[PDB]
Chemist: 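I'd like to ask you about the structure that follows.
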Amino acid sequence: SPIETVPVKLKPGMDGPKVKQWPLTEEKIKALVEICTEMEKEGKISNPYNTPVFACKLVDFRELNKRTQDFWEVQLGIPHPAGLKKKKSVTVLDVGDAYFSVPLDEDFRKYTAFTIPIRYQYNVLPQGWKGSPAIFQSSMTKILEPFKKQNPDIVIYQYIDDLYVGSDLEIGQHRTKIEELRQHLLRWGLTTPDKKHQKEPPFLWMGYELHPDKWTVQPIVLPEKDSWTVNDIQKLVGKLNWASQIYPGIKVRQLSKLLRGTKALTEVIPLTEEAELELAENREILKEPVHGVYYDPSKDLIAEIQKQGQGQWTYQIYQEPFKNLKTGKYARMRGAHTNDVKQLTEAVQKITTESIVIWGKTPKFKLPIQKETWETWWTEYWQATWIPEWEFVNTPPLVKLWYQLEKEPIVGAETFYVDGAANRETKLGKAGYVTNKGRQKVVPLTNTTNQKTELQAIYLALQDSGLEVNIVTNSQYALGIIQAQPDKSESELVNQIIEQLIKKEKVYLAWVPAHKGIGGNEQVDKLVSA
Amino acid sequence: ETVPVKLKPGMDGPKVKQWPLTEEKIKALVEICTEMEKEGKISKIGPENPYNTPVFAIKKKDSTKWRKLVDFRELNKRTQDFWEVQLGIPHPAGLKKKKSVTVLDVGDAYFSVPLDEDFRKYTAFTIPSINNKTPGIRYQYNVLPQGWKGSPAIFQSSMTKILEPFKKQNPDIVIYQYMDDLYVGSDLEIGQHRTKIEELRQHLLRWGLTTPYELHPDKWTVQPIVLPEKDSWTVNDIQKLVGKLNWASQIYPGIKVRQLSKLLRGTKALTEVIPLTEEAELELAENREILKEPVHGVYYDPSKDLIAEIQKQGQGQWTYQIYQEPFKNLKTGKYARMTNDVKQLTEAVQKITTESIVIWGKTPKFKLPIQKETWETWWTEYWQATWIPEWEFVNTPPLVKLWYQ
DNA sequence: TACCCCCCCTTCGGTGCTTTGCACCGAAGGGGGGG
Ligand SMILES: Cc1ccnc2c1NC(=O)c1cccnc1N2C1CC1
């Protein structure tokens, strides 16, 4: 009751509410009028604007919400259960009518005005408001700060109304202490059920079953339909993403591959055998429940990483072997061209960010890569990157680069001169090349851009070459793509080029400026342009 | 009194989120902020405050205690009208020829002057929690912040008052102030330079500026681009060098390449050696002579902004270029560590921006060759400076990287 | 006929050189956990 009130004002430049009155039928009026008059009589409540009446057998506002001082959110993040320390005793106390106890400010008491089709002004903080959670949480933590200051050994979490209190004192001692917590909350005019109405483990918080010694995801149900629509597939993939946090080995890429190219949410699309195998394996792994473990401050975090294929990675953060704390998957496709080392880098940095926000400290990785491969990748790459601290685990498949470009030219190998000139308008291109030994070739192409012909001229040269070859290109695009050393791409042409480059035992590339008459590159212009 | 501070006409405030921190850099922040609040520096703020700015904990050079560092780039962009227009100071051009400049920290000096009441609702921050276990402890500054561009502007009057005696006693040195940093430039020997530095330290301590490391602007050498030398040139080497004198034609009008192409008329294998003709040799010599001469047609313009590119050259080597307009460079450097990978980029960034402050006075907007997530995750662990530039990440540079071999 | 929050996925726009095509990142939609 004697709680300090946070002042609140409306948005500068406008006024408060302007919604008109909302008369309705007389059937639903009294059923709300009596209870409203009762809560007015209790004393918690006691100007052209007014609020329309909402009857449920509840006050709603949108103009006010849009014309209110903006606030700063108090709980933006949700505590993942993996980071909670192993508390021996846990108790839940659900405060009731919490928003009734929190008062309102003198200025805003005038603005809050509800009139039934009798008018009252809120002398307490209303519900369903934009500012309600921040104000209520601030008041609640102000109330609870003296108790935590006086008692350090207990741990208390406040989520909206519910409060979860953990302790290492004995069961009788824990009940004793929770009694003074109840009394302290009652002193500040906040209700709390006695020991008869208190909840028992497992506690179902935000989709998590919580125990004194283990955590688990709430029972996840998968749809079982002979045919699947768009919304059913989306619900599926969402539930699989949600459930991946504790069940190892779940892949959802194939299922997601169906959602493309369509926009209608009521359409029906037949599956594919790859998606059928995905579903079968997902159901097989989801058949039996698994449980996490609670963190211990004195143990060393370890986060292994494993590969699935086509750009899926799984990880299992744990401290004691065969006792997990968290699992997850990474499948984002960043960039139109990438290889496995870059994706391993992205997965490692994502894991570090999650472990920092959840546990506060970076774990010791165990990557499926060799030291020499990493070293040779980082030193020879244009960008800068650092993997914190990792050891080597020999669990195939491993990560390695397929084709290594050579720094120096090759003796005894042919030297191709490739280019390509495609008209922007007629969509007709020509990919040709010549060789130092006299071999010449030219190929017409239909419906290609001015870069496609130049890109697959290298493909022509590689296809018509031997194991050792030197190639001269006059476009920076293809040179950059090939030097990036990709393993996959959006377009299949780059995949063909990669397949050719893997076969060659030694390949060398070289850029040459164009449209100047430089060397033999001027010769292929006569073959490809006219 | 308190100098009134206002933003631009109808200019909004700092709305930036605080990304997570290590548990050590949160224990340290909690301890430092409790110490600061227990004697009046900071005051907790209620939920009605709608503005937030990031916060970090670093470790200063050759120190053990932790030091708070509050990012203020957004607030500085808001406030730029209050500092650039109101108190646009002149930059001492004599600081770029000093024998050796010493850097001292005067941020503590700002820990006494109060701050405007109306503006005080913008310097609000929050220390985060581990696992979102609890809502974060929030705070705002009462005294002037260290990191805001207007705080030097407010303290400038007292700074000049304190520095008039020392400047009058000895006019040889040059005094500059940027954020919490004071640069002192002397043409004196290092042995007596140390004595002068300790004398200035005592002078600052006497008048109430408690303060508990040397650059050599005369030894800062620009790096001209130089072609390689070899007795025998193959086709590949000629092709490499020719295009480099074609890209460099845009940078220098005096580079001509028409005779170096006379050696490349027909399809020839890369490995085969090619002799050098007299006209081509003359063209190569002239191009080398032009490359020796410095860049032409460039001049510093304080109205515009500086841009700094950094490229990784391998084996702990980095290059950097500071300019204002494309293909019109104002500087060129080469950092080297004769460690980590992000650590070297962080140190290079600090060196480049310190040099930019010493010569020009405004830090450049960096174009970093790093992953954005990797930078934002790792940049704090190796940052010992008490100020932060603005950086944008560059996806791809011209592939030749002609700046070094 | 509400919001707000964290996560994961596909889709569109705008801007930059990697040029009139391609690439990139942030914004939107849709699911999941809710209060
Ligand atoms: C929902 C929730 C959020 C944060 N922490 C907890 C809980 N609830 C628990 O039941 C719990 C279970 C195990 C360990 N800590 C727990 N607690 C902590 C307070 C002791």
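Chain A is the first sequence line, chain B the second, and so forth, proteins listed ahead of strands; every chain is numbered from 1. Below, all heavy atoms of this structure are taken into account, side chains as well, without hydrogens, waters or symmetry copies. Counting convention: from 1, in listed order, for ligands and their atoms alike.
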Chemist: Which of desvenlafaxine, mizoribine, primaquine, nevirapine, gemcitabine matches the drug at ligand 1?
Modeler: nevirapine
Chemist: To what macromolecule is nevirapine (ligand 1) bound in this model, taking the chain with most contacts, per the PDB entry?
Modeler: Reverse transcriptase/ribonuclease H
Chemist: Any idea which other chains have a non-hydrogen atom closer than 4.0 Å to nevirapine (ligand 1)?
Modeler: A
Chemist: Residue and atom of the covalent bond to nevirapine (ligand 1), if one is modeled?
Modeler: none
Chemist: For nevirapine (ligand 1), which residues make up the site at a heavy-atom cut-off of 4.0 Å?
Modeler: A:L84, A:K85, A:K87, A:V90, A:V155, A:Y157, A:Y164, A:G166, A:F203, A:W205, A:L210, A:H211, A:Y294
